[PDB]
**Q** 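Context: structure of CB-5083 in complex with vesicle-fusing ATPase.
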Amino acid sequence: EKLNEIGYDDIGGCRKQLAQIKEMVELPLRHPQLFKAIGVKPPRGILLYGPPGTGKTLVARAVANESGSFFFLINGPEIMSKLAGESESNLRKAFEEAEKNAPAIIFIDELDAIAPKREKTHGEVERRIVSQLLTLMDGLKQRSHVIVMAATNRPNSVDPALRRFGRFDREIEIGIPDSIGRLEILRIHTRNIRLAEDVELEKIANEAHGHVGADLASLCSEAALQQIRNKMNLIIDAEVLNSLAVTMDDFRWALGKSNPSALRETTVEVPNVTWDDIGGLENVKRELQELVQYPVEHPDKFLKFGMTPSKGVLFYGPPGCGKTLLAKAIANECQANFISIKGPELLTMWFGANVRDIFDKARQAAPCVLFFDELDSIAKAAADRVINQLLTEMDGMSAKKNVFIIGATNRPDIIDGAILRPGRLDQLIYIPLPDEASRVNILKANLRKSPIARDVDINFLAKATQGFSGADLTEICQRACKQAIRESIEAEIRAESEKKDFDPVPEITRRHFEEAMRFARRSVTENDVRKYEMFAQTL
Amino acid sequence: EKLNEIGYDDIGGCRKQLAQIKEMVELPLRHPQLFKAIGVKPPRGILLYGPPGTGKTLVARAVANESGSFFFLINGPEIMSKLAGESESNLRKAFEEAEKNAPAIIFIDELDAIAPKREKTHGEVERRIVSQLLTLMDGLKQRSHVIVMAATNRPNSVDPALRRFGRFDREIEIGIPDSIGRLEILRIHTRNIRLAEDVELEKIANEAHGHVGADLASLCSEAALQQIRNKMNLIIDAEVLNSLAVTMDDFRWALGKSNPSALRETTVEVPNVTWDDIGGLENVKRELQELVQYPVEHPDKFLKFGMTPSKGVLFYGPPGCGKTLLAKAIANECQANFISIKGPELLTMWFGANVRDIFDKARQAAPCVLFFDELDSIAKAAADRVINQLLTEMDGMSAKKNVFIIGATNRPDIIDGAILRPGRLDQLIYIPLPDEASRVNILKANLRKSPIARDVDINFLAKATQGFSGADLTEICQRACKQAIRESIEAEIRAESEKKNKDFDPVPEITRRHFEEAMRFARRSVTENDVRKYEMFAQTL
Ligand SMILES: Cc1cc2c(C(N)=O)cccc2n1-c1nc2c(c(NCc3ccccc3)n1)COCC2
Ligand SMILES: Cc1cc2c(C(N)=O)cccc2n1-c1nc2c(c(NCc3ccccc3)n1)COCC2
């Protein structure tokens, strides 16, 4: 009987959308007088879409329960699992009961099942039920106090006729939870499971990438199974039963063996790469501040001076110089959402229309940076369709919506000149090989989690490199760590053999870094650097 | 019960169409004696089409109510939601009840639902309804005084059989409202909502691009919701309730977060770019006047001299010289509609016939200037299909309908010579880099909204920038504005630091210094070689 007690606190990583739906639904159903007085018309149909398992199904019940409304549930499979007349009778009865017991919420859990695309019907009963649903949606009066909520995997799966301005006009996306949402879901799912004192659910939430709420429930279940195995493979005994608590190692094992279902779905989040970490690149700092931070933080100045900000940059520069991190940092300084799209991903999804989906999602998000990772794959100069999609979508993106498109290219001389036209992406910014401070910061980011020895002078390594790209520094650090692991394992084997300095190699010593450096080679030739300098004028 | 009172004043941005429909429907059904005497036959079927949310659904009721006729409504979803026999029984009862209570209007709301394309039926019950609808539409007796009206998203969706000369012969398009129509919509949706005295609804309309009437209802709803947020967050005191009025800052917030449904719908409007703003380019003014204005303003002299005007023009010149604006300006001087089509758009829509749709809309519009920007992406010399469609449409377009096709190209040498034949696009006009007079207006147009300091000599900059293209001038001003914003934001930060230690506006205008810095890095974007190449094209062809 927990259904009647499902509240907002019992739903996981949809805090922003939960607040939005609260404002949309609860307030009109709790204080109709205010909205009627001012004139606001509460929404008729709210469609929720997103990856499966997010928890969008519980949102309608939570809203109804905490607003005191009546809740009638319409399950698409249930209505489509009945005869030709009984399904229509059930739809009509649901709407009639909702009208009788207003204020009320009708929840169509699988709207895609009831009303798929008209091309997929291939029947008369299905089209009849679709038309009946349309009529009932039109039947509901503006002042009946019945709010029809719906859930679907993808909004494009619903018949377009249902998305008219009178039937389903508001669409809210319940996407993949962030780390805070993941922690909330894990806390919700562990209220009954007994947890050991050594579990840090924050770390588990931060590590689980691509995990939706159902995936986290599976994670907790598998962790409990692992604990039972550990305490049962050796051993029924009441004392042992009371000593059964999920330890952190069990959670780590479950996470390692967990195959999340939302790894392939794009993430929208505010990156935590503060510009204090990027270090130098201060010319790029100033340019990106002028191009992104000022339009978002101080719209008043732009309105005062009557300048429409340009919403398009191109990050051209040698490979492995942290263009993605620069985009993330400029997103963070503005507290702007960040969306990262790789060329292979776009081509693969096109092979499997979705160019407009990502821009629509960017519009959904608050002021955001839409970072395309390799634009030569799309703008080579099959791809002739994606290029035009992108160009037209940029040509239709109003400059006042605060969506900044930042495309990165290692090879800028191949990009089609159409993209670089004024008003599309005409803000060429050059990202050079990291300077001294940038190199120190790269080496410190690489060695953040690695215990280094005090004798190691990171500043000396940065000074010595003087030309290495970022990937080169990462390779140097990885070589040093590999040699350290090689020494640790050799010492462990020697200790085992001698059985017939508890930790002989606890930190990476200066010798490891020296040996790694001896074989280091520059990856960006001076000719390449000269070539990238001339592109600013060759265009 | 407001349905019985829906008039013409309660519908939004369809002022032109409503007047057209008023003559078509209200006048015959009000004075049948006059039309019968001369011999006019009032229309049988009027198919209203356009993007969703325009307000075409209320037109039938407004026409019926004002003319006193009987209004019987038919809903596509409703009829197709019933059994095989009841759906047909309702169609026949709708027309049977209409003839009984004539004069009357039958409004089919979703004609695409009842009568989709014959290839989409894939059933027997559905195909019986289509045929039943056809029979009823052909059973009207031209004296029954019953007028059928229909609404559809696109006319091509309807079964072609319904669009014969006896069933649905008149099609009226209710499209995206223009700025005046947006204000009509923004004033009918605000009759009940209380508004603050600081609200200038005219400004919101001119900024609401791509907003259909339904979308403008979301703006008002969102704007009022914003006011509740502001007052509720500060907070149900009755005094506060009476002080709840939508302020303009709320509207601007709503407009920023509003995602209009019709941003991708093409616009038909008369541009406001008067030729007095284009400045010079006077050798282009004479040629454009001889080809667009005189045929439209003075048809008499063309008939008197027996000359058929050439309906095609090609604009070729260096990039960023305001070719589009010149096309807009001549349209304004003729009060002609202007349709701008981009090369990328035509290919994108073709991948997703539509060439014939652009021309058909041009024909429906009053004397029109159909601009084809980037005609080098279509006439490159997939695309082979689009060029032929464009090539055939021009040939099949009678020169007497006052529709002019202007094609702008930055690279004319690539254009296929088929388009440049004497039949369709036979006139070439060269738009050069802006001259001294024009460069003054380009700078003025850019700095129209920007408060400039009196020490700035706009004339001096134009004299200095002899050779700069239009985009080069625009870049200079933006750099001036960009730098001006920087000195304003840094001054604010310095003020904050000084405030902690203890000229209201530090930089109120773009000083002469800001322009000086921008000009130093400014570089010409059209090489002297490129200018020479364009000159030789007139003879190379
Ligand atoms: C771990 C790592 C690899 C890498 C690479 C690379 N091709 O291996 C390139 C650029 C930055 C890189 N970082 C890196 N990663 C981070 C930071 C940071 N700071 C310096 C920097 C940043 C952007 C840009 C330049 C230099 N650098 C600071 O934020 C945390 C992560
Ligand atoms: C804002 C703007 C940008 C721009 C560009 C450009 N490459 O961005 C090219 C030509 C004119 C341009 N304008 C512009 N825009 C306007 C005007 C005007 N001056 C006269 C003119 C027109 C076309 C041509 C020459 C000179 N210039 C005057 O009418 C109002 C709008």
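Below, read A as the first sequence line, B as the second, and so on, with proteins coming before strands; counting in each chain starts at 1. We count ligands from 1, going down the list as the structure has it; atoms in each ligand are counted the same way. Keep in mind that the numbers below use all heavy atoms, side chains included, and drop hydrogens, waters and symmetry copies. Part of the entry, not all of it, is on display, and contacts are counted within that displayed part.
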**Q** Which ligand or chain identifiers match CB-5083, all copies included?
**A**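 Short answer: ligands 1 and 2.
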**Q** Please list, by chain letter, the other chains with any heavy atom under 4.0 Å from CB-5083 (ligand 1).
**A**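 Other chains under 4.0 Å (heavy atoms): A.
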**Q** Mind checking the PDB entry for the source organism of chain A?
**A**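 For chain A, the PDB records Schistosoma mansoni.
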**Q** Which residues in other chains are near CB-5083 (ligand 1), meaning a non-hydrogen atom under 4.0 Å away?
**A**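 The heavy-atom site around CB-5083 (ligand 1) is A/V273, A/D277, A/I278, A/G320, A/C321, A/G322, A/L325, A/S438, A/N441, A/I442, A/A445, A/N446, A/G470, A/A471, A/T474.
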